[PDB]
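Drug present: chlortetracycline.
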Amino acid sequence: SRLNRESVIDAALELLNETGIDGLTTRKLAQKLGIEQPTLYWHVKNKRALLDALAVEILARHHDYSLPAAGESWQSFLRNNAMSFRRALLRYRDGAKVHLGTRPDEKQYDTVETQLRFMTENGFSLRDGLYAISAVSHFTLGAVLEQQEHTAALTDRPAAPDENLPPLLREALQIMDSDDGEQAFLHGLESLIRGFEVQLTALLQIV
Amino acid sequence: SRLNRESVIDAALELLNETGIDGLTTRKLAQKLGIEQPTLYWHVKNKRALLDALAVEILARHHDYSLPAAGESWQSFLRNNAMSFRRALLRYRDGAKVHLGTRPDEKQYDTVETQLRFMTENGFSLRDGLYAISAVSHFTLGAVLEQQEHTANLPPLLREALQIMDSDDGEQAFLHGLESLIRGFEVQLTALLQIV
Ligand SMILES: CN(C)[C@@H]1C(O)=C(C(N)=O)C(=O)[C@@]2(O)C(=O)C[C@@H]([C@]3(C)OC(=O)c4c(O)ccc(Cl)c43)C[C@@H]12
Ligand SMILES: CN(C)[C@@H]1C(O)=C(C(N)=O)C(=O)[C@@]2(O)C(O)=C3C(=O)c4c(O)ccc(Cl)c4[C@@](C)(O)[C@H]3C[C@@H]12
Ligand SMILES: [Mg+2]
């Protein structure tokens, strides 16, 4: 194969969907590309280096609501931004676990800076703006991880005997499974956003 | 060693703190207990079975705000419940990654049912009550995961920002975020059929 950055990464992403993060090794990537290991080592030093790069690339390719639109309200930006972030994490098996074990890349700095400036120029102290942005991040991350890791454990685990399930719980699990968690996610998201709105509005009032 | 359930699990928890979740294997647990692998297999079939049990045990031992107090408001129960959940996840290395993607165990049923009933008795449709409880769960999980991970130039606002989240473990960002969630649910509940 061709062995530039882009090709190595295209191959790595496909491999990730076949094996998931734990079955992703340098040996298997060498095979898939049709090359010996020392050849690969020249381009890719080890597993950590590869993951760091996949993290960055998943967002660069698929997280396209990174910045506010012109005139857009902070509420709406938080909404769209979070939607875009879940979509991207979901696009690859173990996407979220790949992201988690990484920190922001040079390329991502000034995208995040712009996000922080945008909140402050809308009335948030730098602190409160960061808290808001983190909260949305964490909530999203956790919601996707519980979806993805729950479906990764359906392999080695039994079913729950609906027999001894109590009634509310039984109805509750049927509801989680009716979709991917999108509804619970969007509903939760609105509650977060309004909660930040109440905090901002209050200023120095007791609220 | 003794090889009952409790002993295997005590050992598994210690091992978890030494290796973290990726270095937790059946081979290494056998060694730690001073036994051959087939001996272990009789008690523990594989890694998944072990993790399912650790998940359940971490909470059974350390998650002690799992039911409402008498007279307690739903707001307050969500608050205390989430604090207690975070504390328990934090007590062991990779505690949160252990919990990921588990569902309630037979011996948790009573407890989670009671939590759902409590919300409905407080005015939530079963659906809206579940969404609230999940949102708290997911948010807490994500916040603990980013803490636990990230104990493994640069533009101005961001650099001021990162200094601020490193000033503690993330507890402040968590508790602040938590209050925003709770109030947000309050606004939704109290609106009823109003447009809000
Ligand atoms: C989901 N969005 C809110 C953000 C996002 O749009 C991006 C992005 N690259 O466009 C992030 O990287 C984010 O998704 C993201 O994951 C990071 C996150 C944040 C606040 O920025 C950080 O610099 C940073 C950090 O260094 C440590 C923890 C956290 Cl939570 C953060 C900002 C995230
Ligand atoms: C963190 N806290 C809100 C909850 C908690 O107190 C639990 C507990 N055992 O005491 C949980 O198991 C929970 O932490 C917890 O783990 C829950 C959860 O896992 C979950 C899943 O995955 C699927 C369906 C349901 Cl109904 C649940 C559910 C709602 O029971 C939650 C409850 C929470
Ligand atoms: Mg759970």
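Proteins get letters first, then strands, A, B, ... in listed order; numbering begins at 1 in each. No hydrogens, no waters, no symmetry mates; every other heavy atom, side chains included, goes into these values. Structure method, as recorded: X-ray crystallography, 2.7 Å. For ligands, and for the atoms within them, numbers begin at 1 and follow the listed sequence.
Every copy of chlortetracycline considered, the relevant parts of the structure are ligand 2. Ranked by contacts, the top partner of chlortetracycline (ligand 2) (the one with most) is named in UniProt as Tetracycline repressor protein class D. Heavy-atom contacts below 4.0 Å between chlortetracycline (ligand 2) and other chains occur for A, B. With the cut-off at 4.0 Å and only heavy atoms counted, the binding site of chlortetracycline (ligand 2) comes to A/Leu169, A/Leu173, B/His63, B/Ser66, B/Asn81, B/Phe85, B/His99, B/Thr102, B/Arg103, B/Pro104, B/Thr111, B/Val112, B/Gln115, B/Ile133, B/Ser137.
In chain B, the residues that UniProt lists as binding Mg(2+) and that have a heavy atom under 4.0 Å from chlortetracycline (ligand 2) are these: B/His99. UniProt's tetracycline-binding annotation for chain B and the heavy-atom shell under 4.0 Å around chlortetracycline (ligand 2) share B/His63, B/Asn81.
Looking around chlortetracycline (ligand 2), I see these other ligands or ions under 4.0 Å away: ligand 3 (magnesium ion).
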